[PDB]
Amino acid sequence: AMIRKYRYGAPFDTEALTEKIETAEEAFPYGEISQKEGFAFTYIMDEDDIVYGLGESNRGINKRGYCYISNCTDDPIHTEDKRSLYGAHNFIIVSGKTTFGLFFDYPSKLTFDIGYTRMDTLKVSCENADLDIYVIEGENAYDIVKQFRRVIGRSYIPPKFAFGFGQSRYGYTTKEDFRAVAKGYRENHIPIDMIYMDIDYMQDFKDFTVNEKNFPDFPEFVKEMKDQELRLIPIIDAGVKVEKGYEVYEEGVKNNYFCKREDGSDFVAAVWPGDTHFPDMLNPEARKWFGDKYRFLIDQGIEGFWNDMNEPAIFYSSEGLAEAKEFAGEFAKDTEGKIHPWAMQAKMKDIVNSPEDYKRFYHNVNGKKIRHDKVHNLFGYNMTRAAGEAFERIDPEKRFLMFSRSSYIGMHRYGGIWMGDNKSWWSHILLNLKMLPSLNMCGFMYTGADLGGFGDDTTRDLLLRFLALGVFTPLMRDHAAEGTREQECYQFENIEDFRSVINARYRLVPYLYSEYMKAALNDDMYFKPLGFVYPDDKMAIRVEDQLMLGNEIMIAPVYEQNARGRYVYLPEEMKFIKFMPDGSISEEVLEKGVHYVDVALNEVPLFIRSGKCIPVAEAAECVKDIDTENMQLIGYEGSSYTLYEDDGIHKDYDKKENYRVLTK
Amino acid sequence: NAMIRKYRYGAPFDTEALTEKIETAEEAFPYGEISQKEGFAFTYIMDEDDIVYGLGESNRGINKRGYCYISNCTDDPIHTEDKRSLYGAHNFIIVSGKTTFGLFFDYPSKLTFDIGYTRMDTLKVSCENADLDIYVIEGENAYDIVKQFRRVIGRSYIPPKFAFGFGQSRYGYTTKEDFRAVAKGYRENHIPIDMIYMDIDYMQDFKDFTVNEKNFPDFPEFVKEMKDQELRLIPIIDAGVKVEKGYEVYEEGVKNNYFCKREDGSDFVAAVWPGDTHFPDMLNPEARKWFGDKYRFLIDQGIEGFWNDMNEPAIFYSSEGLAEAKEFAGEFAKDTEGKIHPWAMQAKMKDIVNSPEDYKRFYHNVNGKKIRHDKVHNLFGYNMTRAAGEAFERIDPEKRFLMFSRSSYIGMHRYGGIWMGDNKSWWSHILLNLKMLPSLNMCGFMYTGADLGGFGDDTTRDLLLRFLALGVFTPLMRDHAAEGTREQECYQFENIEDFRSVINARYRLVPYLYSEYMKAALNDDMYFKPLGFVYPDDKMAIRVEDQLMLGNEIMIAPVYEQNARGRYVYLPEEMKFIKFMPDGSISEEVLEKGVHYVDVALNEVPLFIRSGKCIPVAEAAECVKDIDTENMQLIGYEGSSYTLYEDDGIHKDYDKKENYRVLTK
Ligand SMILES: C[C@H]1O[C@H](O[C@H]2[C@H](O)[C@@H](O)[C@@H](O[C@H]3[C@H](O)[C@@H](O)[C@@H](O)O[C@@H]3CO)O[C@@H]2CO)[C@H](O)[C@@H](O)[C@@H]1N[C@H]1C=C(CO)[C@@H](O)[C@H](O)[C@H]1O
Ligand SMILES: C[C@H]1O[C@H](O[C@H]2[C@H](O)[C@@H](O)[C@@H](O[C@H]3[C@H](O)[C@@H](O)[C@@H](O)O[C@@H]3CO)O[C@@H]2CO)[C@H](O)[C@@H](O)[C@@H]1N[C@H]1C=C(CO)[C@@H](O)[C@H](O)[C@H]1O
């Protein structure tokens with residue numbers, strides 16, 4: 001009713017939406033649509049108009065003033081200029097005097113020119129007038145989003161343990177590597193529930209093996225780790241290594257489960273294991289075959305997975321590789337200097353994630369051959385769907401921890417997202433923050449960034465400020481790239497400081513989980529821009545470095561080096577809370593308005609809204625040990641918090657026992 | 001100045017950074033601990049509250065704690081927070097806390113500042129060779145310590161007045177049409193401007209000290225076509241002298257042994273824009289004078305300023321590097337077994353650029369003894385600008401020339417300014433350009449700016465405007481853009497009157513800004529100051545990093561977040577919030593000491609006036625020579641006094657009672 005679906009050409013069915021919406025028949029309600037060059041929507045914006053959405057895209061909460069292209073790209077350098085990151089989330093809302101939401105249900109490259117060309121002009125275009133546009137209406141932007149959240153289906157719900165802290169590093173390889181990490185944390189009493197395993201745990205980077213030489217009995221090691229409440233979260237890449245004898249490879253080939261070239265042969269793309277093949281994620285059968293392979297690890301005790309390189313990322317195809325070796329040929333023999341080293345360098349770079357490669361292989365969809373570039377942004381989506389759907393067969397009642405890098409809307413039902421290869425820059429603390437709400441609008445609630453920065457060298461302080469933001473993000477893990485400064489918490493001085501920050505995560509767990517469960521089950525938001533909560537405050541709607549969490553709190557982390565505080569705007573009176581390093585909790589009332597607050601490196605800050613309160617537990621070293629019984633209530637006297645909780649393992653969501661009102 | 005003990009280690013190369021002879025102190029080192037096991041290392045444990053200023057043009061913020069900085073002039077077009085080395089080497093730092101003192105490491109080689117990077121409480125300055133002078137500057141506070149240092153390094157370079165105008169630039173402008181188009185585009189729209197820069201294209205095949213003969217049949221006249229319009233062309237000069245027979249500059253450098261040379265006596269070859277080039281031996285006096293004198297060519301044609309580029313010096317690849325690369329390309333090409341990953345190929349291409357190894361392959365002839373370049377690496381750009389400067393004074397001693405350089409070392413500030421190089425059209429770079437200001441001032445470099453709009457990548461309308469609004473206050477205010485970037489000339493955007501509004505604020509402030517720069521340079525004082533220097537005992541002010549004091553009257557606080565309509569500020573004393581309005585009016589508002597949010601729209605230029613002060617504001621003019629300083633509105637507080645310095649802005653006659661006049665509100 002307050003949602004209509006306008007249809008152009010013959011759209012590919014993305015299965016993005018779970019709710020049926022009939023094809024409206026009147027005139028498109030806003031702006032203009034054109035077909036002189038492919039397809040274009042053009043809209044003129046009110047000078048005060050704010051644009052939200054685009055989920056995991058570059059820049060800030062208000063998208064006005066730059067260009068975003070949905071075109072899932074493996075790009076390790078997230079600088080302000082980049083137009084396409086990992087995600088393809090074609091949902092925007094124009095909010096102002098004239099407010100409306102738009103979802104562009106489209107598989108391929110979609111360019112959102114949001115004021116970049118002309119300031120007052122919003123122009124969303126793509127090569128093909130074959131798509132569905134969904135127009136949503138409501139009073140405010142929050143209401144437009146909650147409607148969207150309805151029609152795309154309930155977001156993924158992770159197991160309770162995933163609301164713990166997780167340690168990860170590209171490099172962990174042996175039982176020793178892993179033990180010294182468990183050692184490092186448990187011996188210094190720093191809580192943690194997860195350690196991630198990156199590609200070095202496989203045999204020759206073969207999907208669905210383990211290095212038999214390093215884990216002669218992987219299952220027992222898993223049980224040894226799990227005994228200390230450490231759950232090993234293995235990675236899975238998109239490419240299956242080409243290698244005779246390799247079971248997963250032989251099957252893929254024999255049953256035509258792989259993407260093929262225009263000639264029927266299996267397309268080769270090179271990744272970690274060298275030459276690989278990509279499972280045909282768009283083909284229902286291949287998807288059940290791929291998903292089922294997760295049993296290999298589940299049967300061994302594994303309760304979580306992360307999907308990577310699933311744009312899919314291509315270092316080089318056999319086609320590109322020959323072009324390059326060949327060019328290098330003329331370079332090597334160049335006497336006249338007709339071939340500059342810059343160009344040789346340019347070719348090496350162009351064979352990576354080549355657009356030419358993305359038209360070299362095809363998907364087989366219920367018998368229809370479709371070229372990959374045409375459906376490019378669905379690949380990661382469906383790889384994560386394969387896992388999810390396979391999960392539900394293996395054990396319909398159990399929750400598995402699951403996240404992916406690349407995604408498209410609809411994938412939000414089967415798994416969360418991590419924000420990819422960030423760097424150890426202070427600006428990336430803010431980027432982590434700004435992306436949260438957008439992702440929530442698009443259904444992705446279980447998200448977080450690599451704390452302390454994936455790439456490059458971190459410092460003791462960058463890490464602590466990153467963690468302090470992580471405290472509030474459902475996914476909280478410290479991750480680091482190959483050969484960077486070691487950034488485990490125990491790899492610094494005065495380690496107790498890190499204990500302090502993590503401790504705060506582990507006291508806030510029952511609240512954060514609660515607020516998560518309530519949001520997901522209600523097709524609602526976990527993180528909200530201040531604009532959603534105080535739509536009348538023309539000051540609040542412009543704030544981009546503070547977020548509302550649930551209905552009880554606001555967060556505002558420090559993201560500047562050497563700072564000892566930061567400016568905040570409070571659209572209402574709140575109590576200002578800091579989790580102190582001695583184990584106590586500072587509390588101060590602060591009137592609405594502007595304020596500079598003092599927040600030391602080893603203190604964690606949050607605000608509690610007027611007439612509200614939240615439960616806080618004692619610090620425990622793992623999710624299982626948190627005493628949920630006698631929690632302290634912080635906030636406003638006479639207020640009440642409805643606390644959700646369940647076994648945090650199965651999907652028994654609708655019990656009256658799951659709710660329990662607390663009054664301060 | 002015997003409040004500046006100097007400590008000697010080894011047999012230091014003389015950088016000529018100081019103009020003041022300081023004797024070699026004789027006691028143990030006044031602070032921390034010195035070690036000499038595997039080179040040289042100063043190690044100091046800092047107090048928790050200590051702040052660290054300095055390092056001029058270096059990465060990150062005002063307070064330098066919490067990272068690692070390396071003096072090693074490097075051509076790096078990507079200015080991300082992780083970078084440890086950019087273009088300049090300004091080895092001056094100051095520890096500001098319970099124990100305040102200042103340090104200058106006079107060392108021309110790779111010098112590492114580990115400022116609380118490894119251990120948070122640990123400052124460690126180390127290098128390979130113990131061949132260095134270390135100046136310890138004692139004093140009451142940081143500001144004072146900086147004033148001392150400014151005096152032993154000598155008066156800062158002083159630009160002609162026309163350089164406080166606005167300038168337009170692009171790695172693209174090639175023909176008369178292009179330049180005329182910039183002319184017409186600005187003039188027709190009554191947008192103030194004084195300079196148009198000429199990038200490497202005006203040359204004859206990138207040959208230094210030539211001009212394109214087909215492009216510019218009669219250059220002196222075209223230069224005149226522009227000058228009559230109050231537009232001054234500022235051509236670039238590159239470090240590399242193109243290798244080519246018949247090319248006079250090359251023939252002479254070779255004939256007279258003026259180029260840097262391989263170990264074996266051969267003229268070292270480095271590839272740059274022109275192709276193979278030689279580098280003029282900037283550490284050789286005869287060479288330095290020969291190169292400097294070459295500027296006459298352009299000066300005798302009516303040119304009144306220059307910029308020196310690529311002078312780290314930047315190297316695309318050496319002859320040795322190309323060969324090594326082509327031979328690797330071969331192995332890769334014929335490799336049938338996948339022995340050679342494409343990543344290794346790609347890594348080799350990257351390796352040949354600015355290859356530390358090349359910097360080991362050429363020497364400087366310093367009156368007799370040959371010195372391997374890497375041993376004096378941070379000096380190259382400094383002595384190239386020194387070549388140009390000394391030349392100017394031989395060529396015409398009365399007249400001031402516009403001069404600035406990319407690479408630099410303390411001491412170069414006497415001969416020219418610098419721009420902050422290849423930044424990017426990122427909002428974060430507006431702040432980066434802000435934060436570098438104070439630091440560069442502490443090291444003598446006052447004439448500085450950044451590429452407004454962002455050099456690299458594509459800018460937007462709002463980004464360019466917020467950049468200009470900072471640029472209003474930086475002595476170098478220049479719009480420059482990379483090859484193939486979106487056009488960022490002010491006339492290439494809708495509602496052009498918002499660019500005329502903003503750049504009006506500049507020309508209206510020019511009388512006062514010029515005044516402060518002149519006063520500051522002649523007094524060995526700073527033009528920009530961190531708030532700590534002015535409000536030493538306000539714990540809140542000593543940590544403000546995104547505001548700056550300018551002279552002794554005003555404070556700046558640029559908007560740097562995209563889509564923001566205001567920003568938070570902290571005021572250490574009562575002040576008049578002022579906005580140059582898009583209508584021409586100047587809004588005024590008193591705000592007390594404390595935190596505030598102030599509305600600054602895109603097309604408004606903000607600034608604050610200190611309690612007890614005021615400033616002159618002229619009416620808008622479209623070029624510097626047309627500005628009317630006779631009757632200027634005074635903006636500020638009642639019964640305050642401003643001393644206006646002014647002169648002909650052309651010659652070098654600075655010490656005269658007639659240059660000053662007291663204005664009273
Ligand atoms: C691990 C990471 O590797 C791949 O990306 C890397 C590039 O291939 C490298 O060339 C290198 O690029 C840097 C260059 O040296 C230089 O141009 C500099 O300016 O910066 C560049 C980027 O920092 O570094 C890249 C990233 O470190 C691949 O594209 C990327 O997606 C990979 N990340 C995934 C893989 C692993 C291992 O399974 C996980 O640890 C990550 O979390 C994944 O997201
Ligand atoms: C003009 C500029 O060119 C040289 O640097 C360029 C590189 O050679 C290119 O490879 C390219 O780098 C980009 C990467 O491919 C990409 O990874 C992305 O991250 O951005 C990189 C840089 O934006 O672009 C570079 C910049 O164009 C040279 O080393 C550099 O120092 C040059 N700058 C000076 C030269 C000119 C022309 O005479 C002047 O206009 C400038 O103002 C100078 O500062």
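Proteins come first, then strands; the chains are lettered A, B, ... in the order of their sequence lines, and each starts at number 1. The header says X-ray crystallography, 2.2 Å. What's counted below: heavy atoms across the whole structure, side chains too, no hydrogens, waters or symmetry copies. Order of appearance sets the numbers: ligands from 1, and atoms from 1 within every ligand.
- At ligand 1, the drug present is acarbose.
- Lab note: most contacts to acarbose (ligand 1) come from the chain the PDB entry lists as alpha-glucosidase.
- Other chains having non-hydrogen atoms less than 4.0 Å from acarbose (ligand 1): A, B.
- Residues of other chains with a heavy atom under 4.0 Å from acarbose (ligand 1): A:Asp74, A:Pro76, A:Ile77, A:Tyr170, A:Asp198, A:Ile199, A:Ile235, A:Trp272, A:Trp306, A:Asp308, A:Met309, A:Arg405, A:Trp418, A:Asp421, A:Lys423, A:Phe454, A:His479, B:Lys350.
- Counting only heavy atoms, the protein gets under 4.0 Å from atom 39 (C) of acarbose (ligand 1).
- Other ligands and ions closer than 4.0 Å to acarbose (ligand 1), given by number and name, do not occur.
- The A:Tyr170 neighbourhood of acarbose (ligand 1) comprises atoms 1 (C), 40 (O), with distances under 4.0 Å to a heavy atom of that residue.
- Annotation: atom 14 (C) of acarbose (ligand 1) to nearest protein heavy atom, B:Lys350 NZ, 4.4 Å.
- Counting atoms of acarbose (ligand 1) from 1 in the listed order, those under 4.0 Å from a heavy atom of A:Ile77 are 22 (C).
- Annotation for acarbose (ligand 1): atoms under 4.0 Å from non-hydrogen atoms of A:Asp74 are 28 (C), 29 (O), 30 (C), 31 (O).
- In this structure, atom 19 (O) of acarbose (ligand 1) has its sub-4.0 angstrom surroundings free of protein heavy atoms.
- As stated in the entry, the source of chain A is Blautia obeum ATCC 29174.
- Near A:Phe454, the atoms of acarbose (ligand 1) lying under 4.0 angstrom from a non-hydrogen atom of the residue are 1 (C), 40 (O), 41 (C), 42 (O).
- The entry models no covalent bond from acarbose (ligand 1) to a chain.
- Atom 24 (O) of acarbose (ligand 1) is not flagged as protein-proximal [any protein heavy atom, distance under 4.0 Å].
- Those atoms of acarbose (ligand 1) that come under 4.0 Å of a heavy atom in A:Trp418, given as number and element, are 42 (O), 44 (O).
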